[PDB]
Structure formats: C-alpha cells, structure tokens
Student: 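I'd like to ask you about the structure that follows.
One letter per chain, A onward, in the order of the sequence lines. Numbers in chain A track the PDB entry; the residues on display, in order, are 2-155, 158-171. Shown for chain B, in order and in the PDB entry numbering: 2-155, 158-171. All chain C residue numbers match the PDB entry; in order, they span 2-155, 158-171. Chain D is numbered as in the PDB entry; shown residues: 2-155, 158-171, in order. Portion of entry displayed, and contacts counted within that portion, nowhere else. Remember, it's 1-based here, ligands and their atoms both numbered in the order they're listed. Heavy atoms only: backbone and side chains are in, while hydrogens, waters and symmetry mates are out.
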There are 4 protein chains.
Amino acid sequence: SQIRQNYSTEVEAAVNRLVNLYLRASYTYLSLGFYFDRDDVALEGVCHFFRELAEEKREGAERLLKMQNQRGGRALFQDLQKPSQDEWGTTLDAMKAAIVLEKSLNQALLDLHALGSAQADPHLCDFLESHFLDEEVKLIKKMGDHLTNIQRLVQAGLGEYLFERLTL
Amino acid sequence: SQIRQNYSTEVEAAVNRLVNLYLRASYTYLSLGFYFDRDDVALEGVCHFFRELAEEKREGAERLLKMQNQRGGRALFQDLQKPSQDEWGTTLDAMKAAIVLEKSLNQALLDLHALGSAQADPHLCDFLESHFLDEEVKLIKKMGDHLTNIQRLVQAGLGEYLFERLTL
Amino acid sequence: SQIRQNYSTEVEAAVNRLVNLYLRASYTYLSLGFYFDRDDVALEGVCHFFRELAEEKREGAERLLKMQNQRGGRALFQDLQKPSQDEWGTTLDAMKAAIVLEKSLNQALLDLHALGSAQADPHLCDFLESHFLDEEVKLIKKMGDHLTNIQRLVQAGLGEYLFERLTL
Amino acid sequence: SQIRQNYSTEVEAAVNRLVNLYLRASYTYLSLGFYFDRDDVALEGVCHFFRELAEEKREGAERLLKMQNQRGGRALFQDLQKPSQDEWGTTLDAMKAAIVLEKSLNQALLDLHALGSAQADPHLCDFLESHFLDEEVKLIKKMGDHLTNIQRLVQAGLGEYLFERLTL
Ligand SMILES: CCC[C@H](C)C1(CC)C(=O)NC(=S)NC1=O
Ligand SMILES: CCC[C@H](C)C1(CC)C(=O)NC(=S)NC1=O
C-alpha cells in the first residue's frame, strides 16, 4: 500500500478480528432486543436498551473498518456466528449476559492496545483510547448499576416491570 | 345499481354482517369503559383504553358502510346484541375478553378476505388489507403485551394499580 | 402464542430465512462499501452508494423481525455467511454482483409471497407488497440504469471516474 | 526554567527540529501552490489544494512552538532550506512528491513519540497524538485517494483537467 506506514501485519489482522467481534456483538444485541419485543416477554424498555446497543456496536465496527482503510490495511470479513442463545430469560439473565459480552470486547480492546504498544504504533493506541476504551468503561459501569438495581428488585415479576418502567 | 361492478351478493351480505360485528364490538368496549369508571373499580387508564377502542371500532364500521355504498351495495342493519357481560371483573379478565373479541373480529376479516379472493374481488381484498388487517394484527400484539405485563404483576391489587398508572 | 392467528409454521420459518438473507445482503454491501473506500480504489460515490444499501437491507431485516413478533412467530437467527468476495473489482463488477444479489432477494420475496398465498395468509402478502416488493423493483431498475451507464462509459479509468463524480 | 518539569533536553531539541521540518514543508507547499498558478500550468484547484496545505503546516509549526514554550523549552530556529524543486511537473508528479513529504513528516512525528515514550514524557506523547498523528494519517489517506484517481485518469491532459474540476 502506497499510504501504509508503521502498520504491522499483526495489528492489521487483530483489527479484522475485532471488527468480527463487534459485528457479532451487534448481532447478539439484535437478538436480545427482539426477544424482549416478544408478546410473551413484552418489556419495551429492555428491547429499546438492547437495540440501541446493537446500533452502537455496529457503529464501532464501521469505525474500525474506516481506520483499517486509513492505515492502508485490508478489511477481511469472516462468518458472523449466531448469538449464543435463542431465548434470553429474564432481564437479569439478559443483563448478566450483556456485561459478560462487554467485558470480552473490552479485553479484546486491551489486548489490541497491548499489541499496538509492543509494535510501537501510537496512532493505533490513541485511536483505541479516544473511541473505544472509555466508551466500554462507561457502558460496563452502567450495566453494573443496572444489574445491582435489578437484583435489589428481585416479587420478581413486579420488580422486572418497575425496573423497565422507571429506569429504562 | 348503476355503479355496481364485480360486487357479489355474497360479499355485500358478509360486509353487512361485519358492520354488525364492529358495532357490537364498539358497544362491548363502551360497556368495558364505563365499568372501569365505576367508583368501586376506579381505574381511569383502563377506562380510557377501552373508550378509545370503542371509538376505533365505531370508525371501522363507518368505513365499511362507506365502502358498501362506494361499491353499490346496500347497507342493512340488524339489532346490536348487548355485550356478553354486565361486569368485567379485573383488568386481567377484561383484557382477556378484549383479546378474544379482537381475534373473532380478525377471523371475520380473514373469512371475508377469503370470500373476496374466491369471488375475484381485488378491490375488496385491498380495502381489507389496507384498513383492517394490519390494524387488527397491531392491536392484538399490543393486547398480548398488556396481558403479559398484567400477568407478571399479579400483590394483585398493587399490580393492577401500577399497570394502570405506569403503562396505560 | 396467545396472539398467534392464521400464521403457519411454514411462513414463520420462511420469514426467519428471509431475515438471514437480508442480514447477509447487508453484510455484503458493508464489504462492498469499504472496498471502494480503499486508498487504491478510492471511489467515494460508490462507497456511499453501497453503504446506504447496507443500511437499507439491515432495516429490511428489522422490519421482518418486528412482523415476526407481531404475528406471534419466534425469531431464530443463524450464522451470517461472509460475503462471497473479499475484493470486488471494478464499479462494473460490483454493480453486476449487486444486481445478482437483489434479484435473489426479490426471488425469495416472491417465493414467500407465493407461500403466503397458498397458506391463505393475506396479512403476510400485504406486508410484503407494501414494504418489500415495490422497493426491490425500484432498486433493481436503478441498478440496471447504473449498469447501462457504466457500460456505455467503458477509456475505462476515465469512465469509472466520471460515473462516480456525475451520477453517484 | 522555573516551569520546566519532566522535559528532557533530547525532546526539546527534537521539537526544534520538527518545527524546522514543518516550516520547510509549508515552504514546499507554497512553492507547489504558486507553480500551479502559472499561466502555462493553470490548475487553480491544485493551486488551492497546496496553498491550504502550506497554511496547515505553518499552523502545525506554531502549535509546536507554543508547546515548546508551555513546557519551558527554548525555541531555536535554523535556516529553512528551499524546496527540492523549482518546477513540479504534472499534478501526478506533484501529488507523489506531496505524499513523500507527508510520510517524512509522519516518520519524524513517530520518532519523536518514540523518544517521548523512552523519556517517560506522557504530556509530549499525548500532545502529538491529539494534534498531529491522526491529522497526518488522514491527510496521507486523502493523498493516496487523489493519487489513485489521478492515475486512473492518466488522454493525460483531459484527465488532469477533469480531476482539477471535479475533485479539487
Ligand atoms: C444493528 C444490528 C446490525 C446487524 C446485527 C449487522 C450484523 C448482522 C451489523 O452489525 N451491521 C450491518 S451493516 N448489518 C448487520 O446485519
Ligand atoms: C503559508 C506558508 C508560510 C511560509 C512558507 C512561512 C515559511 C517561509 C511559514 O511557514 N510561516 C511563516 S510565519 N512565514 C513563512 O514565510
């Protein structure tokens, strides 16, 4: 590539993997969103919460793809694995699964940052810090807060309704 | 009729029956609405929900009557049977009865559509699809969502109050 | 399902398959979009054209999922297969592949409509006609128009630049 | 210096060198700009492109000088070497020379960042990342895109005119 400079093949490949992880995360949130839209689940606040997260992860993937091109790397796409569950249980179950997912994304980000540091790639490191690392930390804090409130509310049916109405 | 074209006597009669069904549905919702306005029931959100549905069914009947005339059919009215209950019990009972009513209207619509198809009456078929079929599907989904939330809330008295305050 | 009415297991499954097809189409357009964003391809008008299509297909999938829930069907997700190519060649190659993709989506829509008709499911048939069938016909006409203009322009390099600047 | 803290003599000197590089880059773009303003070259879009870059590099130098003072370093200026060419040939030649220049600036930035990291000077590292590293990456991507389009257009005279009219 005519523009490629200080961009290692290792980082390029790791960025492609992280794109796949973000798209897969988006797909998972899509599934979570429509599960709470089921007539036998019917928690619209929860549905909206997860659908918004699907959009955020998709946007994250697109930002990574833009950066890949800006650096002269080449986007390579793989199959997107279907979400790990077909039915997501209670709001509590769903939020626990969401925090597990975000922590795995966060760890992938931290791994990529470490790689960037080892390759002496400051543009990559700054890119991750500015657009991804703090966003993940804030989202995980929010999920933790939600989990704590859901747990304190669980009269389980009553608690789930009130959380959806008054928080989400 | 000078304007009548491709409008079978079978469809004409079925449309008159569907008008009666919609007016009867409107009357039922009128009764449901005023039951929840009783001082010993006193659930204003529920009262408003059903009164709005009474207006919707009445409007549906008028749209059918307009179409009957547009096609050159002749409106024939029958007695409107009084609603099946004088007292409607809990919000849960009422919502269950409402979904039963809507499914019966929906089935009458599907039957009429089938008749239209067999008579090769595309104007009728399009009319039902554009103004009735999707409206019914959306209303039934909403009722299902309500039923699910009411059920998860039923501290029965507390649940009924919260649903009325926070959803309706 | 408490709300499910006149919704066959066959249609439910076919809708799930069509969701997968739309998500896969969205993924393909995502890949096409970022290919034209490469510094060694650099056709921004083409990139934007395909990225907008990615968004349209994704929205189509979400509308299908909403309808699945409205009817009381159950969304089931499968792996999304990666796009059929990693590199998409010229604008001409890409547009040809795009029209092939849209025709396959269109055929899946026509198959589903035929299924709906055979199952006597007028809500499904109306849903497809109102939101999908005409959109596909219009998009395919537009692509055909583009293909014809690209072809008349192909001084191949010059033609590709002018099309991107003056049409897209 | 009363304010100087954690600012090594090595970084101070490297910053002075980078100021010289940016001023020299500004001077080069000034020359490129006025070459395309010649009546026997006459490509106003190209002239404007390079004149804007002259202003950007000059601003970059001033930001470095401001930072030097903020840290308690002492600005030292050297002769500015005249640009490497008096005449810049075709738009293609000029854009190639521009990308070579930007890559050399980028490498100087990466070297300075590496120095900062080795000296444990996080303020310097953050300063470069926030104001210089991403700007360079974006500018180099843009130049690569331009080069690719110029190349696809080169009927050389015709191609050069169209690029100037329709892109710049
Ligand atoms: C908002 C969900 C997006 C969706 C899950 C998905 C991946 C399947 C995505 O992340 N991005 C695009 S472009 N299309 C898609 O279908
Ligand atoms: C816009 C060009 C600026 C110009 C080349 C130059 C260096 C010669 C510069 O970069 N900055 C200042 S203050 N004066 C100058 O003459």
Student: Can you point out which of thiopental, sulfanilamide, ethambutol, metronidazole is the drug at ligand 1?
Tutor: thiopental
Student: In this PDB structure, which macromolecule forms the chief contact with thiopental (ligand 1), named as in UniProt?
Tutor: Ferritin light chain
Student: If a contact means heavy atoms under 4.0 Å apart, which other chains contact thiopental (ligand 1)?
Tutor: A, C
Student: Which residue supplies the protein heavy atom nearest to atom 8 (C) of thiopental (ligand 1), what is that atom called, and how far is it?
Tutor: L81(C) CD1, 3.1 Å
Student: Check the UniProt Fe cation-binding residues of chain A and list those with any heavy atom under 4.0 Å from thiopental (ligand 1).
Tutor: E56(A)
Student: Could you tell me which organism the entry lists for chain A?
Tutor: Equus caballus
Student: How far is atom 16 (O) of thiopental (ligand 1) from the closest protein heavy atom, and which atom is that?
Tutor: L24(C) CD2, 3.2 Å
Student: Please report which non-hydrogen protein atom sits nearest to atom 2 (C) of thiopental (ligand 1), along with the residue it belongs to and the distance in Å to one decimal place.
Tutor: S27(A) OG, 3.0 Å
Student: Which UniProt domain in chain A is home to the majority of contacts with thiopental (ligand 1)?
Tutor: Ferritin-like diiron
Student: Can you tell me if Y28(A) contacts thiopental (ligand 1) (heavy atom of the residue under 4.0 Å from the ligand)?
Tutor: yes
Student: Apart from thiopental (ligand 1) itself, which ligands or ions come within less than 4.0 Å of that drug?
Tutor: none
Student: Of all the atoms in thiopental (ligand 1), which lie at a distance below 4.0 Å from a heavy atom belonging to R59(C)?
Tutor: 1 (C), 3 (C)
Student: Taking heavy atoms under 4.0 Å, what residues and nucleotides bind thiopental (ligand 1)?
Tutor: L24(A), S27(A), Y28(A), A55(A), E56(A), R59(A), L81(A), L24(C), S27(C), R59(C), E63(C), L81(C)
